[PDB]
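Chains are designated A, B, ... according to the position of each sequence line. Chain A is numbered as in the PDB entry, which gives 1-306 for the residues shown. Shown for chain B, in order and in the PDB entry numbering: 1-306. Values reported hereafter were calculated over all heavy atoms of this structure, with side chains retained and with hydrogens, waters and symmetry mates removed. Note that ligands are numbered from 1 as they come in the structure, with each ligand's atoms numbered from 1 the same way. The header says X-ray crystallography, 1.9 Å.
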2 protein chains.
Amino acid sequence: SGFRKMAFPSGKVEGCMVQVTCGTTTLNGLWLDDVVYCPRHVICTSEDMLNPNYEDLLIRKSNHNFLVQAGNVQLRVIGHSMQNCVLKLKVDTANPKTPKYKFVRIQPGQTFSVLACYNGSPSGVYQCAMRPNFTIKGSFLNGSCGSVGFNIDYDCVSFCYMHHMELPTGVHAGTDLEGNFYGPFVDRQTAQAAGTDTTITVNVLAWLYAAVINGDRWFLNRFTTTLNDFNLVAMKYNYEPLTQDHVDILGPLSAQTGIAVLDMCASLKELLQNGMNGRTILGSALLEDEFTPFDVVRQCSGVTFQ
Amino acid sequence: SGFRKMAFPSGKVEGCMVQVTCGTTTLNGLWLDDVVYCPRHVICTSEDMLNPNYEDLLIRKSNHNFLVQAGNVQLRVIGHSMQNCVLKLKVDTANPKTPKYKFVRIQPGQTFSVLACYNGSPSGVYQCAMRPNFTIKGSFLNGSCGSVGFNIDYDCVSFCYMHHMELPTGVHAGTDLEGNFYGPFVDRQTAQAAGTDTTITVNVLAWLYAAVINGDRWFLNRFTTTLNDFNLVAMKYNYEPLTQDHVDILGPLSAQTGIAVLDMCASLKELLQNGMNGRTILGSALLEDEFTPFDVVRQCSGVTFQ
Ligand SMILES: *[C@](O)(C(=O)NC1CC1)[C@H](CCC)NC(=O)[C@@H]1[C@H]2CCC[C@H]2CN1C(=O)[C@@H](NC(=O)[C@@H](NC(=O)c1cnccn1)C1CCCCC1)C(C)(C)C
Ligand SMILES: *[C@](O)(C(=O)NC1CC1)[C@H](CCC)NC(=O)[C@@H]1[C@H]2CCC[C@H]2CN1C(=O)[C@@H](NC(=O)[C@@H](NC(=O)c1cnccn1)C1CCCCC1)C(C)(C)C
């Protein structure tokens, strides 16, 4: 028993991190097969950042403007192309440590592990959620660009995030691995607002089920509610509205605990309107929204990976 | 910027996990050089657990009673000895993936990463603290015994914890890698109480410094206090007393922020006596005590590892 913010084991990813330098800018790249992926603003000087023309800037670069290092091994760049906001550097050595991988674009509310890196070396791993406004509340310093987020399905690594920038609010934005930003952001140094952030309701419910599985049950009540009536109270408190798809995805946790999804919603309704009144749930005095239903199943049933 | 519960990258440890079976009991082992380490109660049947005589039980076991698997490779046990509460199985193949490692015994309040495993395969990684009463608030299911906790210093892995058991309160107990339990516990199925748990004061202060570094500063005040006066208020709230050694260890964070340790104590004093009053610190409505001063420096300065 117990419940922790658990990351995926990071071994398969650690062997793919490289250091990429262009000019005076050093950041991290992702090295899979004979391609190194990295944020395209590696080619920019500080003065280009206000209004970059990346096509023109890339045309002025030659293959030997890029230094790519895998620890001690110096990779040689054979080609370079741009896909949306990511740069693809073709290299002369394929990565022997290339895992079975795919590139996926996640949806708001889903979670992933971040391997934070500096100079191509790993600093740490942590779990986060893609917020509804397409930012992430990460932990990143100067030099972390090109660090990646990922999930693991048995022996497959799904890459879903590459880090590009920090907003003045302290939150973080980046792209998928085809180079498309999550959210409305562009890689220029201009003021760009993120939407209103909302609380991920299906995840709060998942975490309440985790609490029941762990014996923390004081908040359960006799009442019941309809999906529409719940959503009316939720939207007042800046919670995402719950859909029938969400109810279905919570099915497995409902089955294991014997508590109907709409009964759990009736408990959440009371928590929102009355507060927690000095009690805690799973050691927290706030409602937690960064575990998916699948996270809870995985951690409460001990799924493993190759 | 940002602040997360960050674990160490787990790659170097993943390649050391094996599956150990004896009788109908399968759990995890740690495979370093030609030795596999595992909890000695692998040799017990359910009926032995009430009052085991481990010396006599081990004498009745032969080398071929132990099945050790590294994925597909079947290791052959050449010898077996007991060191306190850990079993050492000598094997015929040395581990090529053996990192540079040492065995250390940590002190209460220090933190480490846990690689939770089932059947020799990794499930997840998370950060925790050794509590003052020598338990840990982990996340472990049946089958997790033999999972290990560790820190990383550049290229060295320091192993500090092997998981053995769960207490009825939902918290966890285990040994160092020389087989000695943390805390007063013995590996028998009898009622055994853990001491009173207290809050790790030096870690709360470290986390308040992390909050200042991240711009969360509302709780700072003009007041000041002496170490003795602080400790009088702390002990009333079940906080560990703060020592001069703790003040020294906070030195680096004091230097970087320009806030004297005793001034931060004066802020903590007010938080304890007046509460937080609906505000949060680093997104928490509780005072967090599972980051050491070194954790904060590492995460706020981006230390990396080989
Ligand atoms: C990353 O490339 C890295 O690790 N580089 C290694 C050190 C050399 C680096 C991470 C720094 C924390 N990322 C960046 O440098 C990005 C690139 C991509 C987009 C433009 C530049 C700058 N940058 C940032 O992350 C900056 N953030 C901003 O500039 C915000 N700007 C404003 O909020 C703003 C801008 N102008 C006027 C008023 N306000 C972002 C920019 C993009 C849209 C959201 C807001 C810094 C300041 C470096 C964090
Ligand atoms: C671990 O060996 C494993 O993963 N084995 C693979 C599945 C086959 C296993 C982890 C189970 C969650 N650990 C144990 O089985 C240990 C061993 C070591 C000590 C004795 C047995 C049982 N055990 C436990 O973790 C149990 N916990 C207890 O028995 C507590 N007992 C009581 O609180 C108690 C006992 N008698 C009367 C009244 N109360 C512990 C025992 C040790 C001291 C602290 C309290 C279970 C029930 C399996 C969690």
Next on the checklist: Any idea which macromolecule ligand 2 contacts most in this entry, and what UniProt calls it?
Outcome noted: 3C-like proteinase nsp5
Checklist entry - At ligand 2, which drug is present? => result telaprevir (bound form)
Next on the checklist: Hey, which other chains get a heavy atom under 4.0 Å from telaprevir (bound form, ligand 2)?
Outcome noted: B
Checklist entry - Using a non-hydrogen cut-off of 4.0 Å, what is the binding site of telaprevir (bound form, ligand 2)? => result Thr26(B), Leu27(B), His41(B), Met49(B), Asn142(B), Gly143(B), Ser144(B), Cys145(B), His164(B), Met165(B), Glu166(B), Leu167(B), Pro168(B), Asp187(B), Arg188(B), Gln189(B), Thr190(B), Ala191(B), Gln192(B)
Item to check | Atoms in telaprevir (bound form, ligand 2) flagged as close to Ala191(B), the criterion being non-hydrogen separation under 4.0 Å | outcome: 34 (C), 35 (C), 36 (N), 37 (C), 38 (C), 39 (N)
Next on the checklist: Is there a polar contact between telaprevir (bound form, ligand 2) and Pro168(B), counting only N or O atoms under 3.5 Å apart?
Outcome noted: no
Item to check | Backbone or side-chain N or O of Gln189(B) under 3.5 Å from telaprevir (bound form, ligand 2) N or O | outcome: yes
Next on the checklist: Tell me whether atom 48 (C) of telaprevir (bound form, ligand 2) lies less than 4.0 Å from at least one protein heavy-atom position.
Outcome noted: no
Checklist entry - In chain B, which UniProt domain contains the majority of residues contacting telaprevir (bound form, ligand 2)? => result Peptidase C30
Next on the checklist: Any idea what organism the entry names for chain B?
Outcome noted: Severe acute respiratory syndrome coronavirus 2
Item to check | N/O separation below 3.5 Å, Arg188(B) to telaprevir (bound form, ligand 2) | outcome: no
Checklist entry - Is there a covalent bond from telaprevir (bound form, ligand 2) to the polymer, and if so, to which residue and atom? => result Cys145(B) SG
Next on the checklist: Check this for me - telaprevir (bound form, ligand 2), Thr25(B), N or O atoms closer than 3.5 angstrom, yes or no?
Outcome noted: no
Checklist entry - Taking distance alone, with no angle check, do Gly143(B) and telaprevir (bound form, ligand 2) share an N/O pair under 3.5 Å? => result yes
Item to check | telaprevir (bound form, ligand 2) to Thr26(B) polar contact by distance, N or O atoms, under 3.5 Å | outcome: no
Checklist entry - Nearest to atom 9 (C) of telaprevir (bound form, ligand 2), what protein heavy atom do you find, and at what distance? => result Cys145(B) SG, 2.7 Å
Checklist entry - Among residues UniProt annotates as active site in chain B, which lies closest to telaprevir (bound form, ligand 2), and at what heavy-atom distance, rounded to 1 Å? => result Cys145(B), 2 Å
Checklist entry - Which atoms of telaprevir (bound form, ligand 2) sit under 4.0 Å from any heavy atom of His41(B)? => result 1 (C), 2 (O), 13 (N), 14 (C), 17 (C), 18 (C)
Checklist entry - Taking both backbone and side-chain atoms of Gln192(B), is any N or O found less than 3.5 Å from an N or O belonging to telaprevir (bound form, ligand 2)? => result no
Can you pull every nitrogen or oxygen pair between telaprevir (bound form, ligand 2) and the protein closer than 3.5 angstrom?
from, atom 1, to, atom 2, distance (Å)
telaprevir (bound form, ligand 2), 2 (O), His41(B), NE2, 2.5
telaprevir (bound form, ligand 2), 4 (O), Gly143(B), N, 2.9
telaprevir (bound form, ligand 2), 4 (O), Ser144(B), N, 3.3
telaprevir (bound form, ligand 2), 4 (O), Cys145(B), N, 3.0
telaprevir (bound form, ligand 2), 13 (N), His164(B), O, 3.0
telaprevir (bound form, ligand 2), 25 (O), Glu166(B), N, 3.1
telaprevir (bound form, ligand 2), 27 (N), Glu166(B), O, 2.9
telaprevir (bound form, ligand 2), 29 (O), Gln189(B), NE2, 3.1

